[PDB]
Visitor: 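I have a structure I would like to understand better, so I am pasting it below and will then ask my questions one at a time.
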Amino acid sequence: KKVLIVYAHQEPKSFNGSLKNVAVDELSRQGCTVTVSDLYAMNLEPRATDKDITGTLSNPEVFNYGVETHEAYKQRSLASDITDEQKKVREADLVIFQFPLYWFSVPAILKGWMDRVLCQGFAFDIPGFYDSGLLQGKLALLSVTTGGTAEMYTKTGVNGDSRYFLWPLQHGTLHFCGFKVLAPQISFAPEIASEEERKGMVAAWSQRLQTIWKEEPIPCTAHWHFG
Amino acid sequence: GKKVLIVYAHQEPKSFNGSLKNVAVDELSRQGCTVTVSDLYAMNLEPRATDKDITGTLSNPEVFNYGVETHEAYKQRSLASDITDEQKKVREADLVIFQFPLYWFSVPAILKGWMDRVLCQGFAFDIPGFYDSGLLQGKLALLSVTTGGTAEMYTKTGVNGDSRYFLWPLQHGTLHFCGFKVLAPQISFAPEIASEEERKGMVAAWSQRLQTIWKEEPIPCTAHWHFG
Ligand SMILES: Cc1cc2nc3c(=O)[nH]c(=O)nc-3n(C[C@H](O)[C@H](O)[C@H](O)COP(=O)(O)OP(=O)(O)OC[C@H]3O[C@@H](n4cnc5c(N)ncnc54)[C@H](O)[C@@H]3O)c2cc1C
Ligand SMILES: Cc1cc2nc3c(=O)[nH]c(=O)nc-3n(C[C@H](O)[C@H](O)[C@H](O)COP(=O)(O)OP(=O)(O)OC[C@H]3O[C@@H](n4cnc5c(N)ncnc54)[C@H](O)[C@@H]3O)c2cc1C
Ligand SMILES: C[C@@H](c1ccc2nccn2c1)n1nnc2ncc(-c3cnn(C)c3)nc21
Ligand SMILES: C[C@@H](c1ccc2nccn2c1)n1nnc2ncc(-c3cnn(C)c3)nc21
Ligand SMILES: [Zn+2]
Ligand SMILES: [Zn+2]
């Protein structure tokens with residue numbers, strides 16, 4: 001089994017850093033093939049621009065990013081950074097995303113990865129989205145840290161249920177491309193939590209990774225996310 | 001004399017998004033509003049949250065915490081000039097319009113970068129000082145979004161779910177959290193699939209709405225509004 005970890009934190013000693021390393025350690029220990037895209041260390045280009053196609057653009061007078069990258073994929077003309085990430089995803093049976101929550105979503109660097117890597121022809125098609133997505137057969141999993149407490153992330157809480165913010169990512173992106181989505185790993189409020197609680201959150205993540213291949217995916221539906 | 005900031009995120013001036021931005025500029029300018037546009041792609045705005053965003057001595061130089069460092073940087077007036085210039089535009093604005101195509105049920109990463117880097121602690125919010133006590137209280141925000149998906153795809157029964165589901169992180173999680181009152185979103189569904197005559201109608205509808213934009217009340221930005 002082959003695992004891609006897409007990681008988006010600036011600081012290796014971070015709680016996010018620890019969770020990534022524990023995933024590398026434990027998956028490597030089981031005998032999985034492990035790859036890590038450390039996006040900040042790669043200085044990954046997040047912007048969707050014409051630099052993402054290498055050669056003459058199909059319509060040079062009026063640039064349409066969606067249309068041009070789809071044609072570029074079919075012609076094998078995408079920038080090498082995109083195509084290298086596409087190779088890693090194509091080979092991967094499981095893709096883990098490790099990141100701190102930025103404005104109820106992924107950090108922009110990781111948003112850029114999503115925007116640029118998962119292009120038409122590679123991740124989806126028409127037809128070929130949701131259960132018919134082109135990355136069907138693969139598993140995705142969001143491992144997210146938050147500043148907000150668990151109690152803030154409830155239906156009655158001030159931020160709403162944590163499942164509300166997962167919708168664009170799990171359904172809108174991952175399910176749309178054909179991933180089956182495993183339950184998210186949410187490590188609430190490591191900054192506020194005690195060191196002993198932090199250790200428990202890391203141990204729980206380690207523990208889960210031991211049996212990750214036997215898990216069932218969630219039913220990625222409106223009903224799951226919104227009750 | 002009302003002041004409008006348009007944060008615009010499309011690569012191509014002749015785009016449908018471009019047209020909507022220009023019509024907003026034209027119509028708001030015609031009313032006598034002060035109009036400013038942050039064209040993010042033309043500015044080549046840095047989207048990445050890195051240590052380059054602080055120009056000064058870091059509170060903890062051995063272990064970098066972006067949140068903690070940018071908060072201290074704001075108080076010390078030590079943020080990168082691109083951040084502080086956008087902060088000035090927002091501080092002056094009475095209304096901030098965001099114009100963008102929907103990218104993966106959200107904003108394009110360039111615009112996500114603007115949100116991550118501009119709306120830092122001390123400027124946009126504080127602890128306490130968020131949601132109704134946010135530091136940008138008194139201001140209005142409005143999302144003008146285009147989609148590839150049809151209106152019918154963006155319903156509760158539809159395959160993408162209700163459009164209000166994807167607005168939650170943006171309107172509540174970001175804008176409300178900073179103290180903006182949120183005006184109803186402008187959603188221009190599926191311009192690529194629509195006929196030219198339908199496209200013209202969608203632009204004219206946006207123009208028409210902007211004529212009376214100052215008499216509108218904000219939505220109640222609640223869980224109940226988005227999910228009820
Ligand atoms: C632009 C921006 C937007 C944000 N938006 C949101 C939002 O919308 N909603 C929200 O809830 N939050 C938000 N946050 C907060 C953010 O999600 C948290 O700060 C982040 O998730 C914390 O993760 P971290 O890895 O940086 O924690 P850290 O600060 O790195 O970790 C906390 C502590 O854990 C320690 N640690 C590391 N490894 C271990 C280990 N193995 N065992 C024990 N302890 C360890 C660290 O040394 C540190 O003391 C935002 C932050 C920023 C900068
Ligand atoms: C990375 C990526 C992710 C995406 N994710 C999503 C998603 O999650 N959900 C989703 O629904 N969609 C998604 N899309 C699709 C995207 O949202 C649409 O392609 C976009 O919203 C359409 O806006 P546009 O301005 O690019 O349209 P354009 O292609 O610019 O416009 C369509 C046509 O209108 C014409 N036009 C321009 N101005 C006028 C005018 N004044 N009058 C008449 N005609 C005019 C143009 O010439 C053009 O032929 C994604 C696209 C990309 C590239
Ligand atoms: C940090 C966390 C939070 C907010 C208030 C609070 N009072 C006691 C504990 N608290 C924790 N929080 N909860 N929702 C959030 N949304 C956004 C952010 C945020 C945005 N930028 N940064 C640096 C943090 N922080 C958020
Ligand atoms: C293309 C558009 C779409 C797909 C199917 C369909 N049938 C009738 C109209 N339709 C419109 N669409 N609908 N939801 C989408 N979500 C995402 C994307 C997309 C485009 N580029 N990328 C990278 C994602 N496109 C999307
Ligand atoms: Zn789903
Ligand atoms: Zn709200």
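In what follows, chains carry the letters A, B, and so on, assigned in the order in which the sequence lines appear, proteins first and then strands, with residues in each chain numbered from 1. Scope of the values below: all heavy atoms of this structure, side chains included, with no hydrogens, waters or symmetry mates. First listed ligand is number 1; within each ligand, the first listed atom is number 1.
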Visitor: Which chain forms the largest contact interface with ligand 4 when counted as heavy-atom pairs under 4.5 Å, and how does the PDB entry name it?
Guide: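 Main partner, per contacts: Ribosyldihydronicotinamide dehydrogenase [quinone].
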Visitor: What drug do PDB records list at ligand 4?
Guide: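 Its PDB name is savolitinib.
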Visitor: Mind listing the other chains that have a non-hydrogen atom under 4.0 Å from savolitinib (ligand 4)?
Guide: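 Other chains, by heavy atom: A, B.
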Visitor: Which residue supplies the protein heavy atom nearest to atom 21 (N) of savolitinib (ligand 4), what is that atom called, and how far is it?
Guide: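 Checked against all protein heavy atoms, atom 21 (N) of savolitinib (ligand 4) sits closest to A:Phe124 CZ, 3.3 Å.
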Visitor: For B:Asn160, which part has a heavy atom under 4.0 Å from savolitinib (ligand 4): side chain, backbone, both, or neither?
Guide: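 The answer is the side chain.
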Visitor: Which of the substrate-binding residues UniProt records for chain B come closer than 4.0 Å to savolitinib (ligand 4), counting heavy atoms only?
Guide: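 Per UniProt, none has a heavy atom under 4.0 Å.
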Visitor: Looking at savolitinib (ligand 4), does B:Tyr103 have a heavy atom less than 4.0 Å from it?
Guide: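 So B:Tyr103 does not count as touching savolitinib (ligand 4).
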Visitor: Organism of origin for chain B, per the PDB?
Guide: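 Going by the PDB entry, Homo sapiens.
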Visitor: For atom 10 (N) of savolitinib (ligand 4), which protein heavy atom lies nearest, and how many Å away is it?
Guide: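 The closest heavy atom on the protein side is B:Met153 SD, 3.6 Å.
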Visitor: Extract every residue of other chains having a heavy atom under 4.0 Å from savolitinib (ligand 4).
Guide: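 Sure - by heavy atoms, that gives A:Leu118, A:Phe124, A:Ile126, A:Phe129, A:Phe176, B:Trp104, B:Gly148, B:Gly149, B:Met153, B:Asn160, B:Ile193.
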Visitor: Could you go through savolitinib (ligand 4) and list every pair where one of its N or O atoms sits under 3.5 Å from a protein N or O, giving the atom names and the distance to one decimal?
Guide:
unit_1, atom_1, unit_2, atom_2, d
savolitinib (ligand 4), 14 (N), B:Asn160, ND2, 3.4

